[PDB]
S.K.: 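Lab note: structure loaded, ligand of interest is indisulam.
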Amino acid sequence: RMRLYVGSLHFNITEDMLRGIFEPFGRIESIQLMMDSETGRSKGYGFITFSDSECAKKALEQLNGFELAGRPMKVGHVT
Amino acid sequence: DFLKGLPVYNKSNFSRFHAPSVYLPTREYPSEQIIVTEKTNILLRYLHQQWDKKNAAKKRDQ
Amino acid sequence: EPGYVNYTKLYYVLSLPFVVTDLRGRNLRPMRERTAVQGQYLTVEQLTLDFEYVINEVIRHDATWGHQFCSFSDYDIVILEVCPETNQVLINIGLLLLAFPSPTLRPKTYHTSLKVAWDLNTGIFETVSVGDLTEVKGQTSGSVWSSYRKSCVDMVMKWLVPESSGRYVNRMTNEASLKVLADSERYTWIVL
Amino acid sequence: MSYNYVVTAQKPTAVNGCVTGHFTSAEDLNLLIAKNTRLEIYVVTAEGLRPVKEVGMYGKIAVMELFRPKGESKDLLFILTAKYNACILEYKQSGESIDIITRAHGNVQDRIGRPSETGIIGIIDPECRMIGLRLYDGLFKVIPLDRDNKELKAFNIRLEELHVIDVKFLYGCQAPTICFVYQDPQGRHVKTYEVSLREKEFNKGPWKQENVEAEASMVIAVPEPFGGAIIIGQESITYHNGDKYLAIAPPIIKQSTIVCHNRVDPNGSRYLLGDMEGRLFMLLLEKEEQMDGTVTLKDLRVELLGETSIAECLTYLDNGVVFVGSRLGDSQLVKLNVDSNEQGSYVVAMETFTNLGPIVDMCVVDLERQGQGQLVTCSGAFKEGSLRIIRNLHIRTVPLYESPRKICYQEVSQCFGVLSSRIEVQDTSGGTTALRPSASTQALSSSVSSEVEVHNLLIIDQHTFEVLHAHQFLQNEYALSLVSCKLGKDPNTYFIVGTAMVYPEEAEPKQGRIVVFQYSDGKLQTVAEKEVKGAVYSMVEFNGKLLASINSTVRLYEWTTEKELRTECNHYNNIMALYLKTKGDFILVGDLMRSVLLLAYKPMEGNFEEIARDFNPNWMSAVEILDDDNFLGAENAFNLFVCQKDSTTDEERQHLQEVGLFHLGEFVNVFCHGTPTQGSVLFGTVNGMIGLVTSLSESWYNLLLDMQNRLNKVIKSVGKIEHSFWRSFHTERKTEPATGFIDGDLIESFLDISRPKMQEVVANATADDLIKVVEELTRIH
Amino acid sequence: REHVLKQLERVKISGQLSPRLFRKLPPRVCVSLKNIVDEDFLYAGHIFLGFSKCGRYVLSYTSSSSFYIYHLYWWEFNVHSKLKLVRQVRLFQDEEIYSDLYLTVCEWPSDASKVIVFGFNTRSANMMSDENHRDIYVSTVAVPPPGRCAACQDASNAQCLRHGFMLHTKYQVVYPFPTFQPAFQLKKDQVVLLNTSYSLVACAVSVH
Ligand SMILES: NS(=O)(=O)c1ccc(S(=O)(=O)Nc2cccc3c(Cl)c[nH]c23)cc1
Ligand SMILES: [Zn+2]
């Protein structure tokens, strides 16, 4: 019911890593980390879709602006 | 302009102007030293090193 | 020999449950019986490591704050390294516990990290790091596990050494999505 | 089953390393030269270079450094091979007896870690406290130099900088210190680290990290009193030492990349620098004495001395004499002097040493006789480019002063067709101009088709090797393939060229031509042209038809009575069809990444049939057909392999089996054809080594294989490397023992061992039986 | 950018040919999925996963139907030629899955003989979706033989144990739900490390 935008990620951060970091907040329907077709590597951005709205809200509050490797993660909303 | 005064190890070496045998080692093997690589992982080695130093920091008080 | 390790071995010819079969559907033959000479036989091995045991053993013998400890709640395990040459599995242990503070009373909820090396040949575990007892103030169960996994990721990236082109673990998954299927070593693409 | 015999006809001639020191004795000044697998030891004498001993190591020499630890009366030698065999060697002479003692040895390969871009780097601390090795990205390997311990326990230190360009140990440091240039997304930087043997870790370096030029490529560790480091870039040369920083941007170095250096003076006052154009410079470190007795570096200066052969390495010897170690041309001994000559040069060549490498192409001909074969190679590169005429070895050199690419002989015209390339530069007026005269600009007559590469087809006289005619291809047109043949029912013999249009905007060619030429009355006439949609990599005459490979397609063309090429059939199952060889109706295709495949032209169908493919990820360099069922391949990891058609189901027959495997230790560019053994295939390599491959019967192979095992028990190896380990097929993916291949060099070495050792080799056959066997085998080359 | 012909000319004179040089240039061959797929498998609806470690095969799965049945496929790749089906196996034998799994097919570093299929649902069921519990499904499947196999030849699609076996396992995980770590879990050439929330199991499968 709620979709979030995840950005400013290190090029070696995997979908499985993002699932692990975001899953403790609530149930996730779909996670899609955008990859480059030319030179197969992560684009540094993606979309995580929580089953619950309040679960997605707390994930943003506790992860937005906080460093993942040395890059501060940017978690936002859509539409 | 600045080339002059080149190193001289021996003057004789290039005074007389100019214009190799193959080494087949015969049965003789005298040696008493070998080269080996660190079997343990570098991340594990570091953590072991840090925790063993922490154990020494515990023995000094106790 | 130790109580924390459990080992099971089963042989097949034409703890976790196993539905070992052929390409069709025949459940093969579960046995340990004698079949002399290498005449094509299957071998399954199961070496377990009880987290509950490891946690209680490291707090009792290797934690300075071990005397303060009461009981633990949830625990999250993240592998930090696997050394195939020495058969050593380095696992990190996230722990939510109950403990009394310094003699400066009231029991409090804390979070800590336990790094443990696990030998696959012997099955014997060894403790390599016992973290500091950090207080859980105003932060939820989800918040503490997210912060923990982030630190595990932070460490593996910091210690990341590139591997040779031929020792890579291939990982394939498609959503219903991928645009191209690439063969990196032969520069061949399948456009979807 | 396929049994093959590989033997050296000509040892590698290219020099990859050269060092000076006191190895044979404390008094002797030595010159050590590494020629891939070969180590040459000389004494710098009154006459000028006295050869003392040449040893062949069972490995490709990657690191070669002389060092003197405490207690040693003379220098010891450290060698690391491409297969990571490490050894410390001592030269021992007792009267007339000479022995190379292995002081310590072991393999330092890591299962993990990926080989670095700038390759293996091996460095030794000036105080001989340790050996440092950069083998893989993210790791720094340290071998502690302790003499009072049974084993030299080497360890890895994690390096945060994953892309290091160059590294050296610094002089005048209380703690061993490395200085290195590395690249990251922010550019290139210079950093230092202290190396702690006690903690098995790095400590903060003596001086702060500094930013360097985008193309900073080499580090020079300056000796005391100066200390510090020199970093060589494309447009600048800088000096770094704690607070001290000097920077010069001489325009004289901008044109070409400096690729080698050598210290002239022990105190580091002068250095020699060699660039990609063969220019020789002197780098001068101007000093200033302080009142506290210490010497500081006041300024840096560069002076152009002259031109030498394109240097891979340089070594100052004695009395202004410099050894120029070349990989792309002939090596030299040059004299440096204060007074400039007629051209204004300060360099005079004293001696020239023949280098056949790289052999990019070759052909076997009967020029003077009828039954006597001579080898004609396309040798060297750039200004060093030449043709080499080799016969039973006698070598004749034909300088071209430009890069030869392909060669074909045309008997009816008594000439050779040679594809060549010359560099031209964009000037102020008109188009581009040649920087030096060469074969393509000095021909008797010339024609034109109806920094940058300018391609030509050269017609060279078979007797005088005079450039009779030069035909220049179109602007941006690169000539890739060449054949001399008759086609269809046409009685004329033609020079046929396959090309590609190369532009400074795109990566892959999407246009090219097949051009048919006829040489008559001292000129080349264009008979026909055929437009293609890619690069024509390879062409072979095929049963009166023209077989060609264009990008990923193999195509058969017919030559009409109207003098036109007409496409008959195509094969598309390729990534990059680079190499083609044929025998009857069978075609062997060599892929850049997919090993080899076998095709058959079907005359009754007018199409190709894909017979079988080798399902292995071999990055091919050359291919050859040994016979109807055996196919020879050479790949990027310096290995040879033999494929055979699997001898019930169509799928079984469609799978080629690798039946022969052998680590050659050379990079093969060309294979050409030209009772104990059967057949004769000659091969040319990047190091100028010439080898021969021949077939053996089952019984001959069995006897020679047993002979190898017996010889390996008697012949001792320098650095204690096992012969079987050396010849084992090796890639980053797998390591397998050699199979179906006999090392001819090893078996020939039987004739060189003493009579008491021969009897121990032939024990449970007589010595005379095998002497007769080996002697008849030496006659195959 | 460096031209492929300029890069190839470096090889001839240097003897240095490696993929870590062709790293920046575009792919040599690009072929669309629709031009190499057999038209008889259109109604099946295959979900192509990609290439195996060696460029010989191209893998795909089927999510056929409350009750989902999974199938793993091996297709013979030959550039522009049509894909030829080599192997078709039924994933997770005698296991009824009530929800669509997010499956992943993995390969060991040096072991080409076998593959692993890790399939998990978003959340477990007990018709009704049950929270704080998740089902993990893992299958170890043997790849088809590379060439002529003496044991495979003996038949009465009959394939020997070494080049034709399958393994299936299933475990329930609790909160916090364990992290999927394919690179570490299979770092040992013949072992699968599985976090069952309560214990870590070392699973080694080998044919002798
Ligand atoms: N080369 S790398 O980018 O460093 C790299 C990439 C993936 C893997 S993994 O497959 O083992 N996954 C993995 C590792 C560690 C933490 C987590 C969490 Cl949390 C979820 N999945 C994790 C290892 C190393
Ligand atoms: Zn089989």
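Residue numbers begin at 1 in each chain, while the letters A, B, ... track the order of the sequences. Atoms within each ligand, like the ligands themselves, are counted from 1 in listed order. Computed from heavy atoms alone, side chains included, the values below leave out hydrogens, waters and symmetry copies. This deposition comes from X-ray crystallography, 2.9 Å.
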S.K.: Report the positions of indisulam in this structure by ligand number or chain letter.
M.R.: ligand 1
S.K.: Can you help me out? I need the name, per the PDB entry, of the chain with the largest number of contacts to indisulam (ligand 1).
M.R.: DDB1- and CUL4-associated factor 15
S.K.: Which other chains sit close to indisulam (ligand 1), with any heavy atom less than 4.0 Å away?
M.R.: A, C, E
S.K.: Among the UniProt-annotated Zn(2+)-binding residues of chain E, which have any heavy atom closer than 4.0 Å to indisulam (ligand 1)?
M.R.: none
S.K.: What does the PDB entry list chain A as?
M.R.: RNA-binding protein 39
S.K.: Using a heavy-atom cut-off of 4.0 Å, which residues UniProt lists as binding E7820 in chain E are that close to indisulam (ligand 1)?
M.R.: E:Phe180, E:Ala183, E:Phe184
S.K.: Write down the organism the PDB entry assigns to chain E.
M.R.: Homo sapiens
S.K.: At a 4.0 Å heavy-atom threshold, which residues contact indisulam (ligand 1)?
M.R.: A:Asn12, A:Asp16, A:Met17, C:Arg149, C:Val153, C:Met157, C:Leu160, E:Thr179, E:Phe180, E:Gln181, E:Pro182, E:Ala183, E:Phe184
